[PDB]
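Report on one structure; see the data block that follows.
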Amino acid sequence: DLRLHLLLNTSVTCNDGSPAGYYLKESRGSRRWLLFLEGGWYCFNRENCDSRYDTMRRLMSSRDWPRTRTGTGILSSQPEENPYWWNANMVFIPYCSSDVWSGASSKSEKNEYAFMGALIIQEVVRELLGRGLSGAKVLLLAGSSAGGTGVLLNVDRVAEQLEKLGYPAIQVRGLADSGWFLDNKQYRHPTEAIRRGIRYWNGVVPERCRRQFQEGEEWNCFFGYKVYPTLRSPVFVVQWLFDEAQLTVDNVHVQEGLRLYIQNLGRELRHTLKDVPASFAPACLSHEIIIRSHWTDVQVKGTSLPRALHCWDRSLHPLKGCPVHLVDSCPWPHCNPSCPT
Ligand SMILES: CC(C)COC[C@H](CN(Cc1ccccc1)c1ccccc1)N1CCCC1
Ligand SMILES: *[C@@H]1O[C@H](CO)[C@@H](O)[C@H](O)[C@H]1NC(C)=O
């Protein structure tokens, strides 16, 4: 089990001003550290954040968090469940800021809620340095859904933080699961929600991407295919070709018009990954993968995700029989037989 620690700096808070935190299981024989960002949508104004506080309160407050959590999938310490990194130091960071991990604003006389996602990540890193992270060789910042987008927005800032604190030997990398979206045409009649959220949250984006798009256009940096080329840290992208959250935003819930729409979406997703050399993109209708207990079961071209990640590790020391770029070419959901049921 992973054990809860609330942040010693109690000014870095969840939405309601309660302290943020992290769950930790140390592995003293290992120099690998895995820091996982939880997902769970977001809120973007007073009225919809109040609604979230009523029925999704664990995503806005630490007051009701349990003392422990069980690590699953890539967070499991059992080699049978996690062939990739079972001996690593494991960290699960709960999502309690509702800001896609981008916020840097405190509660105040003008602000009913605090949106501190970007500061929460930085404070977790700083406090872990006193608990063994100072000896790491590799820090993998991973995340699913809003947490996958969170990796893209924060991985280079973690790398810059460790350099400035005097730890240039730690190699920072990212693993972004189910956070690679397209700003496409909907099937029936959403970027406005991110534009509004950034202002409400005092949201921050990576500096090189910010300098490209400029004031008022920072929402562009929330889209993987636009922010990825600006990043310097190595990032492995995991994305279903027919992601259910993508389809929900597109108003898809089969005749010719919908058939063409769905096939075009898979082709467009595949196009955006052509120049992403570490990627895993199966032709399945689903959402999230890395913390599911049966994450080992899916394969692309005969290679599982745990294998592809191991081959990525080797490449950062092409490899014979050890591929890292794995994108399905078949054009319809479940054309890959290994898709989840
Ligand atoms: C997992 C969540 C963070 C996903 O949020 C999806 C979008 C926000 N977009 C905008 C978007 C526009 C077009 C197509 C897809 C998404 C978004 C964009 C990039 C990264 C995160 C969220 N919302 C709009 C209303 C409801 C959800
Ligand atoms: C606590 O965090 C806040 C916000 O990140 C920061 O301004 C402050 O310096 C921190 N306090 C200490 C003692 O580091």
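Following the PDB entry, chain A residues are numbered 88-276, 287-350, 356-419, 428-451, in order. Remember, it's 1-based here, ligands and their atoms both numbered in the order they're listed. We use all heavy atoms of the structure for the numbers below, so side chains are in, but hydrogens, waters and symmetry mates are not.
Between olorinab, rebamipide, ambrisentan, bepridil, the one at ligand 1 is bepridil. Lab note: most contacts to bepridil come from the chain the PDB entry lists as Palmitoleoyl-protein carboxylesterase NOTUM. Close approach to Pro287 involves these atoms of bepridil, each under 4.0 Å from a residue heavy atom: 10 (C), 12 (C), 13 (C), 24 (C). When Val324, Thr288, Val346 are checked for heavy-atom proximity to atom 15 (C) of bepridil, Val346 turns out nearest. Those atoms of bepridil with a heavy atom of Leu269 less than 4.0 angstrom away are 13 (C), 14 (C), 15 (C).
In terms of protein heavy atoms, atom 18 (C) of bepridil is closest to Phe320 CZ, 3.4 Å. At a 4.0 Å heavy-atom cut-off, bepridil does not touch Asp347 at all. Annotation: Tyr129 places an N or O atom under 3.5 Å from an N or O atom of bepridil; distance criterion only. Of the protein's heavy atoms, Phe319 O, 3.3 Å lies nearest to atom 19 (C) of bepridil. Under a 4.0 Å heavy-atom criterion, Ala342 is not in contact with bepridil.
Residue-ligand proximity, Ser232 to bepridil, at heavy-atom distances under 4.0 Å covers atoms 1 (C). Protein heavy atom closest to atom 17 (C) of bepridil, with residue, atom name and distance, is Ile291 CG1, 3.7 Å.
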Tabulation required: pairs of a nitrogen or oxygen in bepridil and a protein nitrogen or oxygen under 3.5 Å; columns are atom names and distance to 0.1 Å; otherwise 'none'.
unit_1: bepridil; atom_1: 23 (N); unit_2: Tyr129; atom_2: OH; d: 2.7

